[PDB]
Amino acid sequence: XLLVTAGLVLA
Amino acid sequence: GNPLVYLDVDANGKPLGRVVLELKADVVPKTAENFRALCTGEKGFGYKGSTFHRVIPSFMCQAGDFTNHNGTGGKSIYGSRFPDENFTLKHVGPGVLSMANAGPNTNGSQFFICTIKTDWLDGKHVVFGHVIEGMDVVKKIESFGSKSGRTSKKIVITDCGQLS
């Protein structure tokens, strides 16, 4: 999807 | 009375210009102070020389991983992680400055500058400032990204610091 994560980037 | 910081950004060694960020220390003092100190390098580490590693057109530009340079690292002035201070400020539009994380209470050093309203992130990411000048430079950064987030050029924070 459209997320802003730090390690496991998700959909 | 709020802090002001800058990022001077290159693409493959070619200057793109300056981005000037206001940090909303009146709302999120603890989160603003982390970002300010990572820009000045005053704790002995920080953003200078690190990259925008993940850039997605019409979404956001992500940066701040000065330890691992790949999205897995970064650290704050308070240690590896610090709590979500509050969710008072919202992801209202382009130019919002907000913390990346890996779930609740995992703020470190990574951040993003929005290139659209990212309101689905409200309540999940701590917003702590916004672009005052240099949104045209953010748009140049954005142009070097792709839907996958992979950049076509190496986008480097060649200098950073405080202006206030």
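All chains are named by letter (A, B, ...) in the order of the sequence lines, taking the proteins before the strands, and each is independently numbered beginning at 1. The listing treats every modified residue as its parent amino acid or as X, leaving its further atoms out of the contact count. Heavy-atom basis, side chains included; hydrogens, waters and symmetry copies ignored. Looks like X-ray crystallography, 1.0 Å, at least that's what the header says.
- The drug located at chain A is named ciclosporin.
- Here the macromolecule bound to ciclosporin (chain A) with the most contacts is known in the PDB entry as peptidyl-prolyl CIS-trans isomerase.
- The largest share of chain B residues contacting ciclosporin (chain A) lies in UniProt domain PPIase cyclophilin-type.
- Residues of other chains with a heavy atom under 4.5 Å from ciclosporin (chain A): B:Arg54, B:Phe59, B:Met60, B:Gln62, B:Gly71, B:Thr72, B:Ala100, B:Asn101, B:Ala102, B:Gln110, B:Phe112, B:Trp120, B:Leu121, B:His125.
- Between ciclosporin (chain A) and chain B, residues of the former with heavy atoms under 4.5 Å are A:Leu2, A:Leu3, A:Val4, A:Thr5, A:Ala6, A:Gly7, A:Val9.
- The name for chain A in the entry is cyclosporin A.
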